[PDB]
> 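Got a structure for you, written out below as structure tokens; questions coming shortly.
Chain naming is simple here: A for the first sequence line, B for the second, and so on down. Numbering of chain A is taken from the PDB entry, so the residues present carry the numbers 16-98, 117-220, in order. What you see of chain B is 16-98, 117-218, where the numbers are those given in the PDB entry. In what follows, every heavy atom counts, from backbone to side chain, and hydrogens, waters and symmetry copies are set aside. Remember, it's 1-based here, ligands and their atoms both numbered in the order they're listed.
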Amino acid sequence: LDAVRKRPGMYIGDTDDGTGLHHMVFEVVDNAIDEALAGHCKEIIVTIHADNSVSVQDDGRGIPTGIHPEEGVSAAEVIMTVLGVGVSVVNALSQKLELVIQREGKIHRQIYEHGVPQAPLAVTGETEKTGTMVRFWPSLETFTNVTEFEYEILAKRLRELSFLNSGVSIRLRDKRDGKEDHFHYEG
Amino acid sequence: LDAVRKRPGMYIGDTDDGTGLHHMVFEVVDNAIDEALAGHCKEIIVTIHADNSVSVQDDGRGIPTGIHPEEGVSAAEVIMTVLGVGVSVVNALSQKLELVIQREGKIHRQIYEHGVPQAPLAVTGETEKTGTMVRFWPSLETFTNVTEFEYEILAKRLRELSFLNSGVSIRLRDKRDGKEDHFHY
Ligand SMILES: NC(=O)c1ccccc1O
Ligand SMILES: NC(=O)c1ccccc1O
Ligand SMILES: Nc1nc2ccccc2[nH]1
């Protein structure tokens, strides 16, 4: 991840005009949609929290959690810490990031700061759902000037995306004012 | 450098009881001593600054600044960022690290935060002098509970080092209260 840290703008775009910041959400959403697309009920929920973090939930199969035999850490950690630009870029540029994976009846949780995992991916409970959820807090050491998410920027893009991804339900929620949208196209 | 940030304890020592924290200084000092050994004068100065940073100055040749043919960045940057434990460890665990090299008539300067270079090593001026200086501010995300440098802990170790490195003068200064020592065998 140090390559990204060294030159953030080569990976995420302009980190001062808001464009980079919103790219962060779109990269996460891209991964989520690819997760949702590989199930029948396909749903993703994009939430803008009051603390200016964003979470993206998918009801997919759940990112793989097994230990990667070469890297010696969970496959999820590898995905979040190695290398659309990849989710590891979002992680590298987040002051915090919380990963929650439901798979094989288990809840898996990990936390990152600035791309550095605070502990190994841990089974912390049980569940009968499946899916991956990523919530991130953009690094204010990187993103300057425009540091808060614009509901409308997200809405427009999610709506455009809905017509390309048939059968995928996409919900957008803004916890700062209670605004909500649901984009779900026919097919 | 992510393997150090992932388990800093394994590289530097205990990060909650003051062990790791002082060890950051000792690693830097080892590098400085190596440098002072290969020049004339042979002196290092260790300074505790009032803002809980430490600086370690040598009067050595200056560490090399030329571009590293494999890594493609200055050799000094290679030293500060690619994995005694290595000064890269110190750099990785410091919220800020300032590097100043006086080499071949020129002053070179670089700033890191959490081991990330803010810019490439750059020529900033001319000088007569030779030497390397690193000043580092230990990360308060890593180092907890014991977060202020203890004078006498540094003093104890430097004294031992003075006997082992016979020709080297080691000065220790505390800017918080003016305390000072001079260890020279
Ligand atoms: N946020 C997600 O749901 C996600 C899903 C799969 C891979 C990476 C991700 O960030
Ligand atoms: N601080 C020094 O005088 C030093 C000298 C050589 C290499 C790394 C260093 O930290
Ligand atoms: N605050 C902060 N910024 C960082 C950048 C890279 C790794 C760790 C860091 N902690």
> Say which drug appears at ligand 1.
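Recorded as salicylamide.
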> Can you peek at the structure and tell me the main thing salicylamide (ligand 1) is bound to, named as in the PDB entry?
DNA gyrase subunit B
> Which other chain letters have a heavy atom less than 4.0 Å from salicylamide (ligand 1)?
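Under 4.0 Å by non-hydrogen atoms: A.
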> Looking only at N/O atoms, are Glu50(A) and salicylamide (ligand 1) under 3.5 Å apart anywhere?
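The answer is no, given that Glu50(A) and salicylamide (ligand 1) share no N or O pair closer than 3.5 Å.
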> Nearest protein heavy atom to atom 7 (C) of salicylamide (ligand 1), by residue and atom, and its distance?
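The protein heavy atom lying closest is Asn46(A) CB, 3.6 Å.
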> Pull out every atom of salicylamide (ligand 1) sitting under 4.0 Å from any heavy atom of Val43(A), numbered as shown with elements.
1 (N), 10 (O)
> Could you list which atoms of salicylamide (ligand 1) come closer than 4.0 Å to a heavy atom of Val120(A)?
10 (O)
> Considering only protein heavy atoms, which is closest to atom 3 (O) of salicylamide (ligand 1), and at what distance to one decimal place?
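The closest heavy atom on the protein side is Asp73(A) OD2, 2.9 Å.
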> Starting from atom 10 (O) of salicylamide (ligand 1), what is the nearest protein heavy atom, named by residue and atom, and what distance separates them?
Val167(A) CG2, 3.3 Å
> Working on a figure here: which residues of other chains come under 4.0 Å of salicylamide (ligand 1) (heavy-atom distance)?
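Heavy atoms within 4.0 Å: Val43(A), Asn46(A), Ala47(A), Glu50(A), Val71(A), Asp73(A), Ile78(A), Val120(A), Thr165(A), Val167(A).
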